[PDB]
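For reference, chains are lettered A, B, ... following the sequence lines as listed. Residues displayed in chain A correspond, in order, to the PDB entry positions 101-199. All chain B residue numbers match the PDB entry; in order, they span 1-99. All ligand and atom numbering here is 1-based and tracks the order in the structure. Header lists the method as X-ray crystallography, 1.1 Å.
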Number of protein chains: 2
Amino acid sequence: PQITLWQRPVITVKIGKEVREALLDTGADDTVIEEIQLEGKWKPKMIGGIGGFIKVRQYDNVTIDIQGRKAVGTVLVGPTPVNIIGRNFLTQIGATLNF
Amino acid sequence: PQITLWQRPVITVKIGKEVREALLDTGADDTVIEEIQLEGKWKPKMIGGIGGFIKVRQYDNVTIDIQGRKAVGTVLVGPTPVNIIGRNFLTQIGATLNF
Ligand SMILES: CC(C)CN(C[C@@H](O)[C@H](Cc1ccccc1)NC(=O)O[C@H]1CO[C@H]2OCC[C@H]21)S(=O)(=O)c1ccc(N)cc1
Ligand SMILES: [Cl-]
C-alpha cells in the first residue's frame, strides 16, 4: 500500500507467529518489540534513542509477516515505549519513502 | 524521489536560514534539531523516545525546504542524537511510505 503520514503508520503484523501492532519507522535501524518470547537463543545488547539507552535481548532469524510479505531477521526485545519495525525489515519487504 | 532504506534516509534540508542534514523519520511525530538558531517565540516541551525524555524548545511557523518542496511548521530544538524530520513535515512535502 501507499501509506500517508497524517497519522502514525501503525500496522498489524505477525512477529514470530504472534499478532502485534507496530509502528513502521524509517528512523529506526532495528525492530524493537516489548514483551515477547521468540525462538532461539538471544544475545544482550544496548541501543540508544532520543532519550538515552535501553537494554534489549537480540533474537536472530525471527519471521515477520506484514500484510502477506514475509521476512526473516533480527528482532530486539526490550522496554521500547511503542513497538517499532525498523529498516532491517522494511528493506526486506521493499518499502520506500516517496515524495 | 523514491528512497530505499538500505542506509539511513538522511537528506540535506534548509531549516530557517540554515542548511542541515536530517533523517526522514516516519516514526517521529515532530521534527527535532539539535543546536539551531530559529527566530520567533518558543515554548518549552518534553518529548519522549527510546531511553526516556528530553526537553526541547518548540518553535512554530518555521520554513523548511526539502529538495525544493517548501513547508512551514513546528520545529523542536533540543539534544536529539541526530536531526530528524518527522511526520509534521513529511506530510507537508507529500511523502508516503510505500510497499
Ligand atoms: C530517534 C531515531 C534516530 C531513533 N528512534 C526511532 C524514532 O522514530 C522514534 C520512534 C519512537 C516512537 C514513539 C516512542 C518512542 C520512540 N521516534 C521518536 O523518538 O520520536 C520523537 C520525536 O517525535 C515524537 O513522536 C514519537 C516520539 C517523539 S529510536 O526509537 O530511539 C530507535 C533506536 C534504535 C533502534 N534500533 C530502533 C529505534
Ligand atoms: Cl547538519
A.B. asks: Can you remind me what the drug at ligand 1 is called?
C.D. replies: darunavir
A.B. asks: Which polymer chain has more close contacts with darunavir (ligand 1) than any other, using its name in the PDB entry?
C.D. replies: HIV-1 Protease
A.B. asks: Okay, with a cut-off of 4.0 Å on heavy atoms, which other chains neighbour darunavir (ligand 1)?
C.D. replies: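 By letter, the heavy-atom neighbours are A, B.
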A.B. asks: What would you say the binding site of darunavir (ligand 1) is, if we count heavy atoms under 4.0 Å?
C.D. replies: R108(A), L123(A), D125(A), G127(A), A128(A), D130(A), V132(A), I147(A), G148(A), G149(A), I150(A), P181(A), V182(A), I184(A), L23(B), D25(B), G27(B), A28(B), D29(B), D30(B), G48(B), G49(B), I50(B), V82(B)
A.B. asks: Side chain or backbone, does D129(A) bring an N or O within less than 3.5 Å of an N or O on darunavir (ligand 1)?
C.D. replies: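 No, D129(A) has no N/O under 3.5 Å of an N/O on darunavir (ligand 1).
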A.B. asks: Considering only non-hydrogen protein atoms, determine which one is nearest to atom 34 (C) of darunavir (ligand 1) and report residue, atom name and distance to 0.1 Å.
C.D. replies: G148(A) O, 3.6 Å
A.B. asks: Just to confirm my output: which protein heavy-atom neighbour is closest to atom 13 (C) of darunavir (ligand 1), and how far is it?
C.D. replies: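 Going by distance alone, atom 13 (C) of darunavir (ligand 1) is nearest to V182(A) CG2, 3.6 Å.
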A.B. asks: Out of curiosity, what organism is attached to chain B in the PDB?
C.D. replies: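 The PDB entry says Human immunodeficiency virus 1.
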A.B. asks: Write out the residue and atom name of the closest protein heavy atom to atom 10 (C) of darunavir (ligand 1), then the distance separating them to 0.1 Å.
C.D. replies: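 Ranking protein heavy atoms by distance from atom 10 (C) of darunavir (ligand 1), first comes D125(A) OD2, 3.2 Å.
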A.B. asks: Tell me: protein heavy atom nearest atom 31 (O) of darunavir (ligand 1), and distance?
C.D. replies: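 Checked against all protein heavy atoms, atom 31 (O) of darunavir (ligand 1) sits closest to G149(A) CA, 2.8 Å.
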A.B. asks: Identify, for atom 5 (N) of darunavir (ligand 1), the protein heavy atom at the shortest distance, and state residue, atom and that distance.
C.D. replies: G127(A) O, 4.1 Å
